[PDB]
Amino acid sequence: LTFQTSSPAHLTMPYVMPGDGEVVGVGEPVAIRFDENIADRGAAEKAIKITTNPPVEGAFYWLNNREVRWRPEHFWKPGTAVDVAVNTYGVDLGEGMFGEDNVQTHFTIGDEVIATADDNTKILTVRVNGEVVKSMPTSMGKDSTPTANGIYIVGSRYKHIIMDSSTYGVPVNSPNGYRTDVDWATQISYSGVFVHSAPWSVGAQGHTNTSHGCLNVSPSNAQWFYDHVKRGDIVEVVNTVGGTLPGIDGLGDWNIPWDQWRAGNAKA
Ligand SMILES: *C(=O)[C@@H]([C@@H]1N=C(C(=O)O)[C@@H](S[C@@H]2CN[C@H](C(=O)N(C)C)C2)[C@@H]1C)[C@@H](C)O
């Protein structure tokens, strides 16, 4: 090791996901998020070495100035081992910022889990390695607030969570201020789309869209989803009146056409 001089005002640390040793779904990108905006994005990329077994072609794309993603063209093949070496220690990241340390993570791809929410049938169907394991009636976004179509990556899971409209800057005791307690919530977009328990819409699930954009399912189906779906599994939404989920949402990565993703967007 070669020592690098440093100052707490001129250092930035990388954080890698997913965690070391984790088993993730086929949609999980590698994510490296820095604790500061990066000016030399080309230098960061060059510092990161991703190796796969079986080997598959992949590429980097920046979600924003803090976070870079790497994925293949198509969903991961189950069983794949992925090694990530972020060799940023002492790397000049531009504007006098330097990499603070190296981080190394290793993870594996589990079963192919793909759930399709079809707005034509109002059924959410979960396939594991091509086989249907579960059908759930669902209620998605009403016409004024539709659920976007596209490919969503499963993120965090919560036994209980608060949906508070003021974090979207729209207060309660307001036009639409809500503060709502929700059980068994699985996050599928950074914009705040969740699959979750909705006892208040059980009669509509399978028939009519009534939500603000979330996938409302029954309490027991929502608990099922929470138990059986992991980070990196895929939810595909089709046939809604909405547009397409933004590719830079945070969990929207697969919505970016491969030619654009591969070309990348790194200021070098
Ligand atoms: C889920 O139902 C939650 C709501 N779902 C949303 C979504 O589908 O993205 C948003 S509301 C929607 C997104 N953009 C519009 C807006 O005015 N902004 C918030 C910027 C409307 C919301 C988190 C919630 C009800 O649990």
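Here the PDB entry sets the residue numbers for chain A, with the shown residues being 141-408 in order. Ligands are counted one by one from 1 in listed order, and the atoms in each one are counted from 1 as well.
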Trainee: Hey, quick one: which chain has the most contacts with ligand 1 in this structure? I'd like the name as UniProt has it.
Mentor: L,D-transpeptidase 2
Trainee: Drug name at ligand 1?
Mentor: meropenem (bound form)
Trainee: Just to confirm my output: which protein heavy-atom neighbour is closest to atom 18 (N) of meropenem (bound form), and how far is it?
Mentor: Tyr308 CD2, 4.8 Å
Trainee: Help me out: which residues of chain A, per UniProt Ca(2+)-binding annotation, have heavy atoms under 4.0 Å from meropenem (bound form)?
Mentor: none
Trainee: Any N or O on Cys354 sitting closer than 3.5 Å to an N or O of meropenem (bound form)?
Mentor: yes
Trainee: Name the UniProt active-site residue of chain A nearest to meropenem (bound form) and give the heavy-atom distance to 1 Å.
Mentor: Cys354, 2 Å
Trainee: Identify which residues UniProt lists as binding substrate in chain A have a non-hydrogen atom closer than 4.0 Å to meropenem (bound form).
Mentor: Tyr318, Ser331, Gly332
Trainee: Just to check: does the deposited model tie meropenem (bound form) to a chain with a covalent bond, and where (residue and atom)?
Mentor: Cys354 SG
Trainee: Can you tell me if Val333 contacts meropenem (bound form) (heavy atom of the residue under 4.0 Å from the ligand)?
Mentor: yes
Trainee: Would you verify that at least one protein heavy atom lies under 4.0 Å from atom 21 (C) of meropenem (bound form), or report that none does?
Mentor: no
Trainee: Under 4.0 angstrom from atom 2 (O) of meropenem (bound form), is there any protein heavy atom?
Mentor: yes
Trainee: What organism does the deposit give as the source of chain A?
Mentor: Mycobacterium tuberculosis
Trainee: Which domain of chain A, as defined in UniProt, supplies most of the contacts with meropenem (bound form)?
Mentor: L,D-TPase catalytic
Trainee: Which chain residues come within 4.0 Å of meropenem (bound form), judged by heavy atoms?
Mentor: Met303, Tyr308, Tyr318, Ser331, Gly332, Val333, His352, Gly353, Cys354
